[PDB]
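Section: structure with ensitrelvir.
The sequence lines are taken in order and lettered A, B, and onward as chains. The numbers used for chain A are those of the PDB entry, and the residues that appear cover 1-301, in sequence. Using the PDB entry numbers, chain B covers 1-301, in order. Quick check of the header: X-ray crystallography, 1.6 Å. Each ligand, and each atom within it, is numbered from 1 in the order the structure gives.
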2 protein chains.
Amino acid sequence: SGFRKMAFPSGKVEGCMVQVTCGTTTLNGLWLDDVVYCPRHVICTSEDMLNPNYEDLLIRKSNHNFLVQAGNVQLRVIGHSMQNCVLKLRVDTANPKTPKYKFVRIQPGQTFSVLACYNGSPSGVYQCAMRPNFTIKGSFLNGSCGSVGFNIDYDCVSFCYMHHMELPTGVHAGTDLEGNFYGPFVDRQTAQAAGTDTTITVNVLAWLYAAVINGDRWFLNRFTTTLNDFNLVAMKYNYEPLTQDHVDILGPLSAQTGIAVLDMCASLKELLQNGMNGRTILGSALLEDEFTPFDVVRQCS
Amino acid sequence: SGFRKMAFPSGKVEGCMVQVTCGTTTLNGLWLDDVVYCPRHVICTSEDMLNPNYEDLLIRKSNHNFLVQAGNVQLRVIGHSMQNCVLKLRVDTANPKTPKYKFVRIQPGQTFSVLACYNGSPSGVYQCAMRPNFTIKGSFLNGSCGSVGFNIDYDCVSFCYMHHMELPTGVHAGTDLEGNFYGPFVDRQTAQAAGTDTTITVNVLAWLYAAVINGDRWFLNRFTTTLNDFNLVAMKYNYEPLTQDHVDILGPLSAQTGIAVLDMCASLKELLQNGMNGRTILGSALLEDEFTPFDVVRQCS
Ligand SMILES: Cn1cnc(Cn2c(=O)nc(Nc3cc4cn(C)nc4cc3Cl)n(Cc3cc(F)c(F)cc3F)c2=O)n1
Ligand SMILES: Cn1cnc(Cn2c(=O)nc(Nc3cc4cn(C)nc4cc3Cl)n(Cc3cc(F)c(F)cc3F)c2=O)n1
């Protein structure tokens, strides 16, 4: 029993982080086989950071301009290329601890583990979700550029996020491991605004099922609603649309608990309309939306 | 910016977990140097589990009754001893990935990372606190016995918890790595009740400082209170006493934010008396008490 914000064990990823330095600019890189992946922002001097032309900046570089340090051992760069917003540095040594891995891009509403990293040294691990507005509400300080987000399936690490910058609201923006940004952001040191966010409805329902599995049932009721009558109220509360696919994905949880999805939706409608009234669900006083149906099944087996 | 429930990177601990089997009973063990540490409950058959006499059960065992599996490799047991509620199995192979480590016992109110483990295989990592009543609000399923909790300081892993059982309220009880239980619990398969819990006041104040560092200031006020007038109200709300040592420990956070501790206490008194009124602090709608002052400084550098 119990329900926590649970990350994947980070060991397989810790063994891949290195430090990348170009000039006096430094950040974190990801060493897989004989390639190091890192934000291309590393080739910016402090004067290039506001408005870089990255093609210009990189053609002025050679392999010897890149200092890669894997803990103690300096890795010799023997090639460099740029792929969208990530730089690829070929090194003369394959990482002997390279896990089986994939580069996957995730969807808004999906979760992943973040290994926060500073000067190539892992500092902490936490779980988060990609928000509907393509930001993440991370925890990152100066020096965290290049930290990665990932999921693990069996023994395969699916890398899905590489951290780039913090927006003025304190939320975070980055790319997939092919260098393509999540959301309408660009890798310049300029203030950029996140769009309006929404609440991930299917995740809230998944978490309510987790509560029932763990014996929190006070919010349940005998009522039911239709899909469209639910979506009419929820969207007044800045909730995203609940599709039949979302209802379908919630199937297994509905089966294990014996509570129909539209029955759970009637509970959520009342919680939205009435609040939670000095009560908690799984230790929280608000409706938690950063647990996917898969996360719930994973933790509530 | 940002503030999350952040665990330590788990790699150094993942490399130490093994599976221990005695008869048909199986659980997780911790392999450090040439010793495997695990709950002594493993020597119980299903019929011994309710009311074991562990000295009796163990004298009837020999080294060949213990199957230790480090992933693929079977470790040969060459000795066994029992220390309080943990069993020590000497093996013929030192763990080549043994980190620098210590066995430390933690205090109620202190936090640690949990590596949840099943059949010797790490599954997830999360952060939690030792509650004032010496339980932890973990997330554990069947097969998690022997999972460990830890902190990391520089490169040294300080092991502080080994998981044993789940209580009827769904909270969790275990021992330090010397086998001495936290709290008034015993390793028998009988229903045991946790005592009444309290809220960790110094941690709530630390988290309010974290909020101010992250720009959440709506709960601040121009008032101040005395230590004893604060403790009179807080204890009406099942909060633990705030000592001058607690005020002293909060010193650095008070200095970095320029908010005196008893000024922050006046904010907490109002939050307790008035509630939070449809507003959130660092993404939570209740007063979070599982972040220590050190956790805040760690994450809000
Ligand atoms: C508060 N915070 C939260 N997350 C972050 C991540 N982050 C970062 O770590 N570094 C950044 N700028 C750099 C300055 C450097 C100074 N030296 C010596 N080396 C440096 C390297 C970097 Cl990468 N930034 C800002 C930033 C990074 C980008 F990749 C980008 F495209 C635009 C940006 F404005 C940053 O956000 N900090
Ligand atoms: C739901 N939950 C949450 N945490 C836990 C931890 N936990 C556990 O993992 N196993 C336990 N009993 C066993 C049964 C076995 C069956 N086989 C084949 N092997 C087994 C091994 C164990 Cl250890 N228990 C119960 C329990 C474990 C103890 F160590 C103890 F002292 C008293 C107890 F009641 C358990 O709580 N489950």
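- In the deposited model, most contacts to ensitrelvir (ligand 2) involve the chain that the PDB entry calls 3C-like proteinase.
- Other chains near ensitrelvir (ligand 2) (heavy atoms under 4.0 Å), by letter: B.
- Distances from atom 15 (C) of ensitrelvir (ligand 2) to the heavy atoms of B:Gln189, B:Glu166, B:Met49, B:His164 put B:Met49 nearest.
- Close approach of ensitrelvir (ligand 2) to B:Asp187 is summarised as follows: ligand atoms under 4.0 Å from at least one heavy atom of the residue are 31 (F).
- With distances taken over non-hydrogen atoms, the option nearest atom 4 (N) of ensitrelvir (ligand 2) out of B:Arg188, B:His163, B:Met162, B:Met165 is B:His163.
- Protein non-hydrogen atoms do not reach within 4.0 Å of atom 11 (C) of ensitrelvir (ligand 2).
- Ensitrelvir (ligand 2) has at least one atom lying under 4.0 Å from a heavy atom of B:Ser144.
- Among all protein heavy atoms, the one lying closest to atom 21 (C) of ensitrelvir (ligand 2) is B:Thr26 O, 3.3 Å.
- Considering backbone and side-chain N/O atoms, B:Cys145 comes within less than 3.5 Å of an N/O atom of ensitrelvir (ligand 2).
- For ensitrelvir (ligand 2), the nearest UniProt active-site residue in chain B, with the shortest heavy-atom distance to 1 Å, is B:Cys145, 3 Å.
- Those atoms of ensitrelvir (ligand 2) that come under 4.0 Å of a heavy atom in B:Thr24, given as number and element, are 18 (C).
- The proximity of B:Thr190 to ensitrelvir (ligand 2), defined as any non-hydrogen pair under 4.0 Å, does not occur for either the backbone or the side chain.
- At least one N or O atom of B:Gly143, backbone or side chain, sits closer than 3.5 Å to an N or O atom of ensitrelvir (ligand 2).
- Distance check on atom 6 (C) of ensitrelvir (ligand 2): some protein heavy atom falls below the 4.0 Å cut-off.
- The largest share of chain B residues contacting ensitrelvir (ligand 2) lies in UniProt domain Peptidase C30.
- Heavy atoms within 4.0 Å of ensitrelvir (ligand 2) belong to B:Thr24, B:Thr25, B:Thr26, B:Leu27, B:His41, B:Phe140, B:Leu141, B:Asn142, B:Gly143, B:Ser144, B:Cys145, B:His163, B:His164, B:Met165, B:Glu166, B:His172, B:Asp187, B:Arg188, B:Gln189.
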Put together the list of close N/O pairs, under 3.5 Å, between ensitrelvir (ligand 2) and the protein, could you?
from, atom 1, to, atom 2, distance (Å)
ensitrelvir (ligand 2), 4 (N), B:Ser144, OG, 3.3
ensitrelvir (ligand 2), 4 (N), B:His163, NE2, 3.1
ensitrelvir (ligand 2), 9 (O), B:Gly143, N, 3.0
ensitrelvir (ligand 2), 9 (O), B:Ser144, N, 3.1
ensitrelvir (ligand 2), 9 (O), B:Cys145, N, 2.9
ensitrelvir (ligand 2), 19 (N), B:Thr26, N, 3.1
ensitrelvir (ligand 2), 19 (N), B:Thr26, O, 3.4
ensitrelvir (ligand 2), 36 (O), B:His164, O, 3.4
ensitrelvir (ligand 2), 36 (O), B:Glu166, N, 3.3

